Chemist: 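Please take a look at this structure featuring AZD7648.
Numbers here simply count residues along the sequence, with the first being 1. All ligand and atom numbering here is 1-based and tracks the order in the structure. Per the header of the entry, the method used was X-ray crystallography, 2.6 Å.
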Amino acid sequence: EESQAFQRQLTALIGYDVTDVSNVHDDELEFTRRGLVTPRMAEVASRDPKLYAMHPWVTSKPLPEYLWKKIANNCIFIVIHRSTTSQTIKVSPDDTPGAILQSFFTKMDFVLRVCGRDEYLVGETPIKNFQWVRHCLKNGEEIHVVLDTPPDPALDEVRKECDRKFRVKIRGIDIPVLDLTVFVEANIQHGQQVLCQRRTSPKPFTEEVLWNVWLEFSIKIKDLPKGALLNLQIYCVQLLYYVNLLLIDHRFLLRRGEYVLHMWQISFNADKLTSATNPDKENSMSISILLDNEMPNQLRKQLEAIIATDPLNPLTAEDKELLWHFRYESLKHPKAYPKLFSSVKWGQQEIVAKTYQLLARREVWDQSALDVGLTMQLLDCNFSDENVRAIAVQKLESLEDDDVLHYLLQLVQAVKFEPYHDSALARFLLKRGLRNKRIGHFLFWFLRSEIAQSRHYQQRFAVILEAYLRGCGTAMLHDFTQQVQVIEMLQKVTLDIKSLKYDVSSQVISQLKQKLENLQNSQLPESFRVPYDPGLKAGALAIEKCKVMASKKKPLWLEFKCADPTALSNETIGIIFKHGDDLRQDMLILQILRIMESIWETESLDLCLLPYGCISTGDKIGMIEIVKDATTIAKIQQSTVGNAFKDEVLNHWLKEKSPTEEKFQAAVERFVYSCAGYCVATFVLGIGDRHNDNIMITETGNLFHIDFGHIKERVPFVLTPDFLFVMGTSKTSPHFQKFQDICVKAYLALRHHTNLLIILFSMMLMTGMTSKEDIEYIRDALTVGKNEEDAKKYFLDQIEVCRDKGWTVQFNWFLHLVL
Ligand SMILES: Cc1cc2ncnn2cc1Nc1ncc2c(n1)n(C1CCOCC1)c(=O)n2C
């Protein structure tokens with residue numbers, strides 16, 4: 001009774017009813033729901049109540065060289081607040097919050113919480129290892145902390161509880177509303193690799209097409225591997241409809257009986273591997289089927305060259321036969337594992353057996369230091385083997401919480417490549433999310449994003465999210481309810497306003513202010529956590545400061561009062577609500593940008609990127625962080641010029657925005673670093689040729705790219721004469737020499753992680769955006785196979801292309817966006 005009311009709560013939180021069984025041909029999902037109860041109960045039981053409640057955000061990574069330079073006399077200052085009194089305490093970087101709290105007991109148990117944020121400085125960790133402390137030192141900000149009560153862990157309450165050949169009969173296909181011919185193609189797939197293919201006779205394409213044909217395959221029943229798919233496709237030759245059926249179910253049983261599968265239409269892609277059937281029964285095409293059944297010196301040199309190549313380089317049959325024959329020598333190299341597991345003939349019982357016998361000897365793999373890039377390779381579309389994939393998830397177990405946040409989005413997307421709903425990787429995301437509130441918060445949104453707009457993976461993700469939500473605790477369930485109610489309310493307003501020329505009229509601005517006033521006094525909760533920044537609690541809408549922006553898509557500019565009084569400022573929380581752009585694509589790029597920032601940190605570099613907050617909430621809709629004191633490069637050009645570009649404008653803008661020369665000199669240095677940062681990052685990703693309306697800058701000189709939704713004279717990246725003027729070049733300058741030095745050092749630093757970026761990219765396009773040629777872009781961009789000296793000049797040439805193009809490209813972009 002109250003059990004049923006709790007499920008409706010979950011349904012509203014998830015955005016999908018998990019109990020629904022109208023779109024299933026088996027009990028996989030229900031078996032998975034049941035399956036995940038154990039990992040859920042196991043993690044809820046093993047987590048420390050106190051640390052789970054306070055969620056301390058910490059890193060074990062060494063403090064970078066640039067932050068060591070910002071700390072004088074091995075002393076950090078912390079301002080400790082309480083009601084009206086605040087004192088500054090000299091703290092050593094190695095001091096534990098427990099020891100610092102004893103100093104505010106002798107110098108005249110409570111907890112140290114960051115001012116105006118739900119972020120605590122607790123646990124056996126030196127302050128230098130707290131992310132917020134690192135954040136403050138990075139931006140040159142004073143650490144303000146408040147002395148208050150630790151939150152009650154009671155609030156985190158969890159509610160109690162055979163030699164025959166394989167064959168398939170194709171009965172027929174049928175579409176309600178369609179003189180071309182048509183045929184059905186049947187494939188036995190195991191991780192992209194087609195083991196066996198069979199076709200039907202072409203019949204005239206009508207509203208109902210019957211065959212009653214037994215399609216005998218070459219592959220034997222015994223040779224079928226677990227995780228193999230019966231891919232059914234309809235070609236008219238152009239492909240129109242597809243559907244997948246797992247030949248061996250979640251119970252290790254060979255699939256039998258009658259099946260009526262509603263197929264997916266066509267507009268490679270993770271959506272093409274889905275075991276799910278089309279929920280649209282009334283309009284979709286459906287298919288009716290029936291089932292009822294030691295090594296030489298030279299070869300080592302050749303093998304080592306194979307192992308060394310990038311993850312995209314294809315293996316020839318020659319390469320594969322070499323890798324397999326010398327699998328035991330190959331097993332001694334963890335970097336070889338993806339290529340070795342691609343040399344496996346999975347449609348042969350004896351070979352798979354030998355592969356499993358091989359995996360028993362994982363000495364080198366197990367002992368090796370974790371390589372994320374290598375681990376990620378084994379979780380892509382090329383590996384359907386549960387045991388192969390499990391060895392990767394095993395390596396991920398050793399990632400610290402800080403690192404899980406870096407890879408979380410890609411890891412959630414990587415669930416799409418899993419043959420079965422319950423999987424080691426799904427369980428891993430469940431385990432990590434339940435162990436940490438920050439991981440859990442993002443995990444919620446990431447999964448909620450896919451459920452909202454992916455009919456291909458909503459059922460699988462909805463099972464995982466229900467599993468999370470059933471163990472996250474009342475506290476967080478309350479937080480997610482407040483967030484879901486707010487965003488649902490605001491999405492309605494976003495779409496309503498878009499429905500009402502690029503001119504923002506008086507009648508439109510009034511209608512928005514009218515709707516927001518109506519929500520405020522109605523059912524909008526008093527406060528809510530910011531989905532892209534869970535540390536911040538937003539309160540009431542500042543209607544006066546709210547507006548509709550003069551754009552193509554007409555987004556909402558919303559401003560909130562901070563719910564936390566303990567904030568040392570009366571700053572408002574700015575959020576943009578937008579319909580028209582695919583923000584899942586923006587989310588993926590931003591996640592890659594943060595991975596690049598972490599790669600530069602390893603080499604003690606800070607290229608000052610601004611990977612702003614961005615959450616996808618539904619179909620072509622979501623929210624974006626308003627970056628305070630920032631403007632568009634085009635708006636700076638519009639203020640002096642109008643519609644033509646002047647080089648002196650940018651440097652002039654930074655001068656008038658600077659109070660002192662001391663702050664202006666810092667603004668120039670920040671522009672040099674940030675420009676170099678975006679120049680390298682956008683180039684590698686192939687999203688460099690951009691209009692200056694899509695590039696922003698802060699009043700503090702920080703340059704940043706925005707609007708990554710959907711991406712002749714071309715340019716590697718945007719390096720315009722106005723950017724070069726801030727560096728002091730029309731020639732060369734000590735700033736421009738510093739710029740080229742940063743670029744090369746940054747570009748070469750990313751090339752040291754070629755395999756990682758290639759995998760992240762390969763996966764990003766498969767789950768977020770395309771063709772083989774689109775994926776191979778990054779190989780050329782990262783100059784795979786070239787030496788550092790040769791690669792150093794390559795990027796220096798790319799910079800020289802920008803200088804030789806000038807304003808040409810920018811000007812042509814201006815013409816493009818004005819028809
Ligand atoms: C960070 C960010 C990324 C992004 N991607 C798409 N929209 N979007 C908005 C963002 N945030 C932001 N913060 C402050 C802004 C601002 N955008 N804009 C405009 C808004 C329309 O597009 C051009 C920029 C301003 O005039 N100010 C003062």
Chemist: Per UniProt, what is the name of the chain that shares the largest number of close contacts with AZD7648?
Modeler: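 The chief partner is Phosphatidylinositol 4,5-bisphosphate 3-kinase catalytic subunit gamma isoform.
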Chemist: Mind checking which UniProt domain of chain A carries most of the contacts with AZD7648?
Modeler: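 The answer is UniProt domain PI3K/PI4K catalytic.
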Chemist: Heavy atoms under 4.0 Å from AZD7648: which residues of other chains qualify?
Modeler: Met549, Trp557, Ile576, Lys578, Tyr612, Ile624, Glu625, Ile626, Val627, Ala630, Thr632, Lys635, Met696, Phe704, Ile706, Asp707
